[PDB]
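Opening notes on indometacin bound to Phospholipase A2 VRV-PL-VIIIa.
The numbers used for chain A are those of the PDB entry, and the residues that appear cover 1-14, 16-56, 59, 61, 67-86, 88-122, 124-131, 133, in sequence. Counting convention: from 1, in listed order, for ligands and their atoms alike. The figures here come from the full heavy-atom set of this structure, side chains too, leaving out hydrogens, waters and symmetry mates.
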Amino acid sequence: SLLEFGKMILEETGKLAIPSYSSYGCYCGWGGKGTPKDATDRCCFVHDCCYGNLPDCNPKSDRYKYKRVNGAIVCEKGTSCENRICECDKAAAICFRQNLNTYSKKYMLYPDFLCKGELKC
Ligand SMILES: COc1ccc2c(c1)c(CC(=O)O)c(C)n2C(=O)c1ccc(Cl)cc1
């Protein structure tokens, strides 16, 4: 679920999901179109695509379970949707962590009109 994903992001990066990753670039918090602005935004594009692989799951509300194994995120067995949603969120959180070195506050609250065209998953 959104809140869990937010906590996972905080644990991983030390940044609050909202507002650090809720309105970032073209795809974080509201993706849809355009070329991702940077690596972090690309994390969101892929996460969007990942959720898109699950048209009959409900990532915003469905809660999954995960544990920490010496820092590593391990998605624990739930329903198929929960397992897949967890792996999507896990990837995004790790991707955010791996790209903190280029994260730019200038992309927070990025305007929609600067995101043009469709980029295929
Ligand atoms: C390819 O791009 C997508 C597609 C679907 C998406 C998202 C991004 C995000 C992105 C986000 O909030 O990070 C959410 C939440 N989507 C959904 O969950 C969703 C769930 C159920 C149905 Cl039936 C349809 C869509």
### Other-chain residues near indometacin (heavy atom, 4.0 Å)
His48, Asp49, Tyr52, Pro56, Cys61, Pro68, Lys69
#### Entry: Protein contact to atom 10 (C) of indometacin [nearest heavy atom, distance to 0.1 Å]
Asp49 OD1, 3.2 Å
### Query
Against heavy atoms of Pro68, which atoms of indometacin measure under 4.0 Å?
18 (O), 20 (C)
### Task
Number the atoms of indometacin from 1 as they appear, then name those within less than 4.0 Å of a heavy atom of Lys69, with their elements.
11 (C), 12 (O), 14 (C), 15 (C)
### Message
Quick check: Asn67 and indometacin, any N/O pair under 3.5 Å apart?
### Response
no
### Task
Do me a favour and list the nearest non-hydrogen protein atom to atom 23 (Cl) of indometacin with residue, atom name and distance?
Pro56 O, 3.1 Å
### Query
Is there a protein heavy atom less than 4.0 Å away from atom 3 (C) of indometacin?
yes
### Task
Just need the protein heavy atom nearest to atom 14 (C) of indometacin, so name the residue and atom and give the distance.
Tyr52 CD2, 3.6 Å
